[PDB]
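Below is one structure, written out as structure tokens; the observations come after it.
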Amino acid sequence: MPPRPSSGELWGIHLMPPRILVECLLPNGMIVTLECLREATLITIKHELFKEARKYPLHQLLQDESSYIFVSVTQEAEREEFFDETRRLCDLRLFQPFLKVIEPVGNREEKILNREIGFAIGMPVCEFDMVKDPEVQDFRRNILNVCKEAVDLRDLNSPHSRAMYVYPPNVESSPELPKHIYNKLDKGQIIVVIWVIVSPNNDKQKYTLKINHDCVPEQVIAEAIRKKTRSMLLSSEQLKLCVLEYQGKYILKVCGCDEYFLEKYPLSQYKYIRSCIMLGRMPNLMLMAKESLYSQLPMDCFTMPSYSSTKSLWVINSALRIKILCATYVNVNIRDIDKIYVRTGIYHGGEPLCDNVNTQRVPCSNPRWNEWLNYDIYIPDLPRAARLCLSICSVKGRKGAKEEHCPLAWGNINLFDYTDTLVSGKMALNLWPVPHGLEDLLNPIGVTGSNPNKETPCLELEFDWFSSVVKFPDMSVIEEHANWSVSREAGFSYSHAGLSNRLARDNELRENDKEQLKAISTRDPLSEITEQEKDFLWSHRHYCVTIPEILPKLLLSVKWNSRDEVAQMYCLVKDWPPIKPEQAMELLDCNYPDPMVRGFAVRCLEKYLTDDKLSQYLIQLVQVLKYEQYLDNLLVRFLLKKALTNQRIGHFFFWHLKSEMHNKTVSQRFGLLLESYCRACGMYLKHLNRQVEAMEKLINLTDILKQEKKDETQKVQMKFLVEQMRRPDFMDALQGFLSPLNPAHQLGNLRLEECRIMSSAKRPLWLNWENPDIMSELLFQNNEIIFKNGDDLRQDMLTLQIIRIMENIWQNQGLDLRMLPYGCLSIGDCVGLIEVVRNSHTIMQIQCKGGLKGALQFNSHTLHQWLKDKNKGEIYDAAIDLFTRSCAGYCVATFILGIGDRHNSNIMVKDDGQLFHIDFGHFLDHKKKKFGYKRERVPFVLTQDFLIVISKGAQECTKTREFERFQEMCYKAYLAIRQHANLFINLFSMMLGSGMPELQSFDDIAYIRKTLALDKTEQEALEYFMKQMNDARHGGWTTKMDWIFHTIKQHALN
Amino acid sequence: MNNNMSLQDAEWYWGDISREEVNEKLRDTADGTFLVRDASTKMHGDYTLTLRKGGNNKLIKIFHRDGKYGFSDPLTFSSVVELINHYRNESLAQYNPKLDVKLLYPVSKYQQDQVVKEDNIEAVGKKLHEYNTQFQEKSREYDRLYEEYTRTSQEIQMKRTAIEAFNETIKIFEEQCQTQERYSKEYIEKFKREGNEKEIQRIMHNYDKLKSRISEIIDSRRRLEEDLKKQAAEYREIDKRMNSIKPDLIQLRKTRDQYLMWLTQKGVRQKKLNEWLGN
Ligand SMILES: Cc1cc([C@@H](C)Nc2ccccc2C(=O)O)c2nc(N3CCCCC3)c(C#N)c(=O)n2c1
Ligand SMILES: Cc1nc(NC(=O)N2CCC[C@H]2C(N)=O)sc1-c1ccnc(C(C)(C)C(F)(F)F)c1
């Protein structure tokens, strides 16, 4: 039982025929074939069946149909009983179209939930109950503590706390308004519009306030109360008492979407309100009685599920020896491969704890070694996160004296389990395929543990026995051993500064020492850290506390294969000052496997990471879950509790975990995690099922258009799409659910006249929904989402995330470069959603509308001419300025990241002049990993077009005062990102295990060291940037002959 | 240990190469292979010894102050060979105890026929072209083979899923046969005892329908298991074909990277290395 191979309604069939024959197996042994509609509910089918069943022998033996339920086999190989009989036949995921009639047993509500959960996580929860692994069963039970703990924190301050969970405030991370946003106000004031639905008839009433941006929602309500009852003749004392009594009896909500102002932040800190300052948009809020909202809130009821002699390591005086016994098979041609051998190594993150050890060489057809491998490490020196990395390697040497080694299949193993027990006895490990592009012999970054796929080479090992269970020592024993070894090792004589100064005197407070610790901590995380600097950092480890953000580099300077050194490091981290999250997240990547370090990193997140920043880094924080040794850890317990107490976090927590459930390397870890989230998140699971079911209908419908109907015309495919979305099973699923891109938006009835299949080859679906909000006319009357099945969206998702962080860095330094990081969520294997940007067009669409019929070569002024026509008069200067600041930020963003092919097809412009880039998918210059050149000459095609706009149409654009201002924005912005180069290396570093082709090893991330000139000084970097931009110009002598195909007329010059 | 030892012909002098250029040259080589790049100290002077011990390159920074050359303060060496090169003879444990191994295989520039093995002067001036053409052709063959490998992996996994669904489906139809014999037997003995004959054949006829269904499904699993066996073997052969190309493709990538410095004598033009080197 796995997930699903296809998203079709039957095994091997995308669409059931409008009427289908269903085998029914009655309780009396009879078998009845029954023609059912594919959209028939199980209620209907059972009714039709029991009427048809009277025509069959032994019919009087059947009870009433209310005493039976259906059971059948689903495409996930599961024996599913269907208690919820409201479900249509085509949405049962039946393997074969048959149904067995049985009497229902057990708790109906429990079994309905376990299906809803299994459907949402893409994996039947009965598969978890089948696992013999004690760590899996321990995780399922023990993690319920986090669930109960969070549900109590929700229902503690009822009903306000339940409203905070369901509708968390969407605020910026800081209330301080940078001065270029404050001066966009009117003397620090903003005009808001408060709406009220007054009704026997649902009429709408308007009150216009003018308030400071510091107002808490209670004061905005209070000012509304004031303006309302000023005409209502009242005494001053009653009015001052009327405002004071009823200000906390109402709440404020954004008109159009479900974003409430439930908490006491200043008004301008709310993301909707700060945005309206930037865009110069009129805020339209909706005031409702606080009790009218608490009535909508569903009662979240959480139910506990059904499944709810040791010698110390440090007294084992022996060296580590592991036995390589044999391997089942390897797939090599005996005539082309000489011999095979198992290559081993003991690792801590990425660094070996001793010399790698190889087995003897054996022939391929007989992989048996029976060979003890003896390692250069003592058993008590093994760090907590110590692992065994191995692989089967083939060797062939047919040319001269040179020899060729190649890895065949690999596997990693934690040397202690989740209970701190040193592995013992025999152990069989199923190896993994060699990743594409990997040429090394070992793979210490890949996932630990056996391949769940058991139809692979199976390498048998044996570990040593010590006549007792060996446990990693307790933390009390580790700290005590360090106290009498931290002052017994560090503090001898002064001559210990010239042999191995890891034993020097402990008060060197010189500046040459203090200023080197400053330079070391500011180096980028990918820089080489040398052996002296490791000895130097370690020798001054006690002063590193004064510069606490050096902790990453000091941790790479500890000798992890020495228990005495590690123990001292444990005591230093125990009391280490918490540091900012942007630096604690580095300790959570693949480079820091130790539990005590990662604990510290999580304690810094509990202390400084706001829910807004957790939503900002959620991608990376889910990714690093793959690097945790065990299922039960401090990072997941922190992430789980946070998602269980903020539904906006839990939404994207679900989807990002769900998105990777196809990757079998982590599908169990994320499955077990998604289960415990689903089982405890409260009412949101139902909302998610409407979302999950909505996507499956779109995946199945796009599979058809991409496979069966691929050879048909657009008009015939479009005909097929219309008739499919009008079926009752499609209208039920694709209407009335929450947009996965942004759950604040409600998707109502489909506007089928606006839905279409987009022309591109992946068959994207352009989908349009009504907005069921009563104030939908003031926000989005249209919710437009593009569904794409065929392309990997993770790069687009990462690039867009990065772009948003760059925009924050520029805002904090007074640089107003307006980006547009549109929505993009990946919902599974090469399938996801894209938020549409209303009233925006590609540069090509604007030139195709310029123009002059049959242009072949577009004129350079069409874009500037379009902007003049859209922003005539006084609003012209505000539009040109927006185009300038928006073009500048993307220019620097696309250079630092290496996003290529910037032309009129993936650059878009809003009517009001804001420019933004779309379609990334390829960054860090990874097409050139096969050729070598990381910098040639690819002139930006749209220079002259943009220069005309920036220079407001001057004839000689390069000499205008406006272009010189444009250069300074890019120069200032580029250095701004360069000053934060450690964060972006850290973010990409957290994404290594995700499986993106452009992001496989740390050498892939090294591209931004060159574009950010991290090996230079600040002046040499800026000169480097001006040169790279100068090379990337474009001017008169352009070989512009064709724009569709880009043919080039004569002048071949040969 | 000589009369005069020069700076250029030393195997480690690379000039202004970056950190990434060092990663390519120090990989899977034998004891004794090392190189130098520009030091992390912004001043000129530092030379780096890189010894492979247990398959690891240890980085040891030599802090550089004043116009002298050495390891640490004060930089008081007399020749560069004493600094880095002479370690080839005696043990390297005096430098750092983390590299207790010697230096045996030198990748020599003048041992050309050991790496550059073309016979005539006309055949040498193409070994970068021949090695790169062999890389791009065999890389895309392995690319095409790996895409069949991942695809066949998915299809094989789906057949195992469909087989487990057949096993449970067959498990369920088997119960319907054993349930029918429980109920009908108390009646087939009675409908003979009650003279009813239409009812006897209807129960037999209905059990014949169940018979035909189970027989058709078992055959449907049989044809799936037959197809699983053949594709699992087709898979193993796809792996054999890749595992024979993989070690040859690894060397061609390193060989082409080795020959990047060799074509200096047959210098193919600069932008020509945008077509004489690939595209
Ligand atoms: C008006 C303008 C100018 C440039 C270049 C030619 N010029 C400069 C750019 C910045 C700062 C100074 C100059 C400077 O030469 O003065 C430009 N380049 C772009 N790309 C992407 C990043 C890599 C280079 C090519 C994009 C896009 N996408 C873009 O919109 N561009 C817009
Ligand atoms: C963020 C965004 N916004 C848009 N808005 C319009 O396309 N509009 C807006 C209304 C008319 C119509 C137009 N100009 O024609 S498209 C878009 C986007 C982002 C990323 N990729 C794409 C495509 C087209 C490559 C994909 F993936 F959908 F195939 C589009």
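Throughout, protein chains are lettered first and strands after them, A, B, ... in sequence-line order, and every chain is numbered starting at 1. All ligand and atom numbering here is 1-based and tracks the order in the structure.
The macromolecule with the greatest number of heavy-atom pairs within 4.5 Å of ligand 2 is, in UniProt, named Phosphatidylinositol 4,5-bisphosphate 3-kinase catalytic subunit alpha isoform.
The drug candidate or drug found at ligand 2 is named alpelisib.
In this entry, the other chains with a heavy atom less than 4.0 Å from alpelisib are A. Mapped onto UniProt domains, the residues of chain A touching alpelisib mostly lie in PI3K/PI4K catalytic. Counting heavy atoms under 4.0 Å, the binding site of alpelisib comprises A/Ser760, A/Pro764, A/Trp766, A/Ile786, A/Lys788, A/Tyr822, A/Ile834, A/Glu835, A/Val836, A/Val837, A/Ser840, A/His841, A/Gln845, A/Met908, A/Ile918.
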